[PDB]
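Okay, structure first, notes after.
Lettering of chains follows the sequences in order, A, B, ..., and the numbering in each one begins at 1. Looking at the header, which is where the method is noted, we find X-ray crystallography, 2.8 Å. Note that ligands are numbered from 1 as they come in the structure, with each ligand's atoms numbered from 1 the same way.
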2 protein chains.
Amino acid sequence: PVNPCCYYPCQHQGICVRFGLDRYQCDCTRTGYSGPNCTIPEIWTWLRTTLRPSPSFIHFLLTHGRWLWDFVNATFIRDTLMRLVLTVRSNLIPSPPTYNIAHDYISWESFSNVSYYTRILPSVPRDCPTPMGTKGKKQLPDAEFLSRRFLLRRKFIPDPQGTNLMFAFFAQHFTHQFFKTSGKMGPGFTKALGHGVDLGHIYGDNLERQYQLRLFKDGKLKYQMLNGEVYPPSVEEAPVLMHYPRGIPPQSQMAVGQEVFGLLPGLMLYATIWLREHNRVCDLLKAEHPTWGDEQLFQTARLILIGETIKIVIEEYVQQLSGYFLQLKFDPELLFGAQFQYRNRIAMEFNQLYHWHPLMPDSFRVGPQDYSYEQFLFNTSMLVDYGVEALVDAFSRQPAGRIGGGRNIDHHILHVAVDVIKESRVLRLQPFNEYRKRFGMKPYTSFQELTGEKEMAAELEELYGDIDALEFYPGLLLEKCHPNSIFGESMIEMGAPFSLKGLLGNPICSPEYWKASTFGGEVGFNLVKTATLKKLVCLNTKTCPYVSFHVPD
Amino acid sequence: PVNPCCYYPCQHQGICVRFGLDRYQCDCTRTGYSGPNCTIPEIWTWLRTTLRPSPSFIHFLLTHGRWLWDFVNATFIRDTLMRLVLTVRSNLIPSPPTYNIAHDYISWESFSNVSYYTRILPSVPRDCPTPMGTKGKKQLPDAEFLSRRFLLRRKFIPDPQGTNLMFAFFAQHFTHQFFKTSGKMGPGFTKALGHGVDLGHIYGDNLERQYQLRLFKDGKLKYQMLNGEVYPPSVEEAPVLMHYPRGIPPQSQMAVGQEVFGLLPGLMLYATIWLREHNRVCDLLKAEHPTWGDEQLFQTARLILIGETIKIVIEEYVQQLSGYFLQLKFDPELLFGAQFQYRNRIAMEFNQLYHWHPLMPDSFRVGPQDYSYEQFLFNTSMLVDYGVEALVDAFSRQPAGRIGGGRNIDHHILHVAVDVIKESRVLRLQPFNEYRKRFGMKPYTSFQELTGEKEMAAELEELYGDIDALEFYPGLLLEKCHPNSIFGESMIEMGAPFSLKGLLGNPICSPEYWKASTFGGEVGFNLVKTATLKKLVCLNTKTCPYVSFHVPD
Ligand code: HEM
Ligand code: HEM
Ligand SMILES: Cc1ccc(-c2cc(C(F)(F)F)nn2-c2ccc(S(N)(=O)=O)cc2)cc1
Ligand SMILES: Cc1ccc(-c2cc(C(F)(F)F)nn2-c2ccc(S(N)(=O)=O)cc2)cc1
Ligand SMILES: CCCCCCCCOC1O[C@H](CO)[C@@H](O)[C@H](O)[C@H]1O
Ligand SMILES: CCCCCCCCO[C@@H]1O[C@H](CO)[C@@H](O)[C@H](O)[C@H]1O
Ligand SMILES: CCCCCCCCO[C@@H]1O[C@H](CO)[C@@H](O)[C@H](O)[C@H]1O
Ligand SMILES: CCCCCCCCO[C@@H]1O[C@H](CO)[C@@H](O)[C@H](O)[C@H]1O
């Protein structure tokens, strides 16, 4: 009595429920389809799919015809296409979340419990013949061998788009505020209950820790003065839990919101940048409101930083990644006339695919000197030895590593790539083609169609056996890319939805929160509308270095 | 240097922010008004208010013209008017939430922190001349004296609507799942973090307690067999925290989700009803899915009960209370084409006004025998001595007490009425007329306009002094009512919004959760669509008594 739902019968986001001893049914409610499987099109959906261009065809448009986009950008079409990218990508990702590691069905414990990582698709029944449902071999390839043959870096393959390490560290820094898989509770759980841009990696992840980081005067945060410059406080001044190595001295270890940030001068660099940005905002709010107290000056400055984050993440961060000629625009008012939920729940496949370790180089250049992985990791003095302005100049002048296609993952951080595929099997993620179906994409018929070449494709036909049994994480990294893209179709087509929901799904974007008084007048509401990666750095420094998400070139 | 925001300048939901030493400004963003105070109408809003009938005029329509509503009910207009009541009413309620006891401004702590009771309006700055802003006497009336002169019951004044005690106990039972003001954290905090219909008073309020209440087989809940009937388990069987009297003599103390439920046979009666309803649903789900396990059978049956609750709360509970000829209809699909947030946050004024102790009679009739407050409170054996069917028959045959107008609060429960007005001053709620402005109502110019008579009205002119300084809670109960109504115009026009937002704001109503598979096929999705107060009782009993929200008459 083989579980009928192991064949993934339900198509187009159909929920498969089990009936009787060996029966089943598919709920085709509002999926645009009917019938036993939700395959037979409705009158309107049939017309919509017939006039639907391939995802790659629309990517070609958004990456070609400069002249056309010089016009579109300077017209109201920048909003007709922006709102279209927003609503359409983010549709109904389910909102309110739908599953988690413990449940493969809509439940109140899944919507109420935040300590869970939601999941767009259910897991593969523990009662299914093969590990990935019905297709593939009885055993899946060795995680270590997959990383030493298809993910291991031989020669450095830079990003064709020019992306630099300044972007690489902004990604790891801004992404770790909603990715805190908890050791204790194990995989499928998170410590960052913000599940979005709550700047928990600056103040969070909890309140008890927040106060320890706050100076409690002028709504500022405690700090430390080294070489007449501003950095985070020493753990002595502000005693909070940090995952520093050793050992070490307490006087030389800075404290922030997100831990494991002291294990990289890059993450502590942005911890210093946003720190000076918070206190600077408190100086602007104190002058405007002498009557305001400590609590209001802080919690207000926090909303101002959260606004500057999304502003730089859309109009800058995704603009370098995207490579499009369409100027991405952060304007919450685009979905003010749309049926949109201002809620967000971090998925386990968003945490899964966001492991962009290929971005890390072979080493780390800093002007004349060159530090290796051994000299750069767990560095305590490097941050204060070079300063902020001199360091931001180095990262912006060094290219990062291409994420898609492979094989481009340094041998140092490859142990994470294996702990990601290992965590994939623990969560029991579905195959690669099943997720392709979920994000409006046609499944690959062969391994050669995935990589675009015969050599690895054949080396995979031996391991997995079937294409419908290919793993999720390995599928994204081994997929070929468009001519000068940073990663495969699937990384774009699956990642775009998740991030767009989480940005505009933020409370501040809603009609209730997107006022001028919410940021303490027009002064604070302008800082958000003019937020730039260049002003986030230079305004807090003395000298103005080279700051960008792409190398000079 | 008087705080300018103490005059409540901002009109029509305008946010007042303080500037300089003695200045201020009003944020008129999307309030439909502009100018210094948001008083000048916009082109469209001016036309909307000109064609806006008084709330009492629309009340009159919804309570008259029987012939017209016999037609409307049997037409698609039941949906045109239902959706209209939904969207319009619930749009007065901010979402996401706005403020809480600790903050008088939009902040991330206020949206992230759930242990808070949100609040529709900010508090009265402690740096204001008079306790209620600028109007009124330097001191507010004695809480005890107000309850002994305007709330104390002399002669029993029944509800003109026929409402009975069956409704009175369904109100206190269904309302205490989102009202758990924490005694530890003090006023302005809640233990029920569900902030809605999470049936936390059955399973909740937490997970550790939930397992203790569950049998862990067939997704059922532990129980106890007394006289061949089904009741909740003894604490011995299921050890959970309960607030039974001191040195109370268990065995015989039943355990449920919501505590302080053993202090009333009425609350333990509904704890038994919903208990048999959960296990019965598990029998229907087990037959349909023999393969299903314990976890899925329970968490699914939980969504089925949550659905039956809102179904009975709209088409039955608010039917009685409203006494409108318009058949209220629970259909989540009404706001599927509306800009609605499926989120909810319990306000402190919703907790405030929902104190309907006037509903409690002088005594409690049970067929032949009559028990007083001393014989009925903290009763442990009464529940199992009469059974379920014999008791539901008694409550449905006894009228309750009218809530509005006063003075109709038994001398036994009057100590709560004083602890509600006392909690009002702790939270620093705004005056009565200020909240009237918030919920689309014109402020009262005199105390005589509130009560509708000269005798109390004068006694109040002496105490409060000004009408703009009248307290919130006392304002609702002392307000006259339309002759056959259960409470004043303000109780309707402020409670209707809160209630409606929390019912359809529930996740299950959303487009993602409102499927048939979410309830385990059509079987479970039908139990929700045909949920009745009569089927909730009779189906779980042997004999069928008189069950309703109104006396026989
Ligand atoms: C020197 C560079 C880096 C090092 C040493 C590093 C180290 C690690 C380690 C040890 C883990 C543990 C995963 C596991 O135990 O399964 C991890 C996971 C992760 N990596 Fe990195 N990483 C680096 C760069 C990056 C970058 C550039 C990104 C960009 C997005 C990134 C994204 C993530 C995320 C989101 C997780 C999981 C977060 C969580 O579960 O809390 N990492 N990394
Ligand atoms: C015999 C009947 C009742 C008894 C003995 C009772 C008892 C109490 C007591 C002692 C409090 C403490 C409140 C304070 O200290 O300020 C309370 C709170 C409250 N009561 Fe009742 N009550 C009864 C009926 C009702 C009814 C019929 C309703 C609504 C229909 C109601 C609604 C509330 C609400 C909303 C609170 C707020 C407490 C919280 O937020 O946890 N009560 N009750
Ligand atoms: C994780 C993730 C995935 C996709 C996106 C995204 C969003 C958008 C936009 F425009 F919709 F905002 N584009 N866009 C995107 C599009 C193409 C590329 S590429 N270089 O791989 O071809 C890179 C990014 C962002 C984040
Ligand atoms: C706390 C509270 C307050 C109002 C309502 C409500 C909702 C509705 C409806 F129809 F919109 F659903 N009516 N309605 C209502 C209307 C009038 C009265 S009455 N007894 O003063 O005439 C009683 C109830 C419900 C709960
Ligand atoms: C199904 C009845 C539609 C109206 C008659 C038009 C001809 C049938 O329309 C069709 O229906 C199929 C359904 O899968 C479509 O896929 C095809 O276009 C066609 O066979
Ligand atoms: C001209 C481009 C404006 C429209 C933006 C289309 C968004 C990308 O395109 C579409 O995205 C949808 C969301 O992933 C998916 O249904 C499709 O697979 C994809 O093509
Ligand atoms: C026609 C709609 C706008 C004008 C309002 C007319 C009603 C005046 O207002 C209302 O009239 C009701 C009449 O039944 C009275 O019962 C209400 O108390 C009265 O306030
Ligand atoms: C048929 C009678 C009117 C029902 C449709 C209109 C919706 C009624 O809801 C209306 O809400 C407004 C704002 O919440 C209030 O000011 C009105 O008094 C209230 O009746």
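- Checking ligand 3 against fenofibrate, formoterol, cefadroxil, celecoxib, miconazole, the answer is celecoxib.
- Going by contact count, the macromolecule most engaged with celecoxib (ligand 3) is what UniProt calls Prostaglandin G/H synthase 1.
- In contact with celecoxib (ligand 3) at heavy-atom distances under 4.0 Å, by letter: A.
- Around celecoxib (ligand 3), within 4.0 Å by heavy-atom distance, are found A/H59, A/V85, A/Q161, A/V318, A/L321, A/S322, A/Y324, A/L328, A/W356, A/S485, A/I486, A/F487, A/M491, A/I492, A/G495, A/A496, A/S499, A/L500.
- UniProt transmembrane segments of chain A, counted from the N terminus, having a heavy atom less than 4.0 Å from celecoxib (ligand 3): 2, 4.
- Closest UniProt active-site residue, chain A versus celecoxib (ligand 3), heavy-atom distance to 1 Å: A/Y354, 4 Å.
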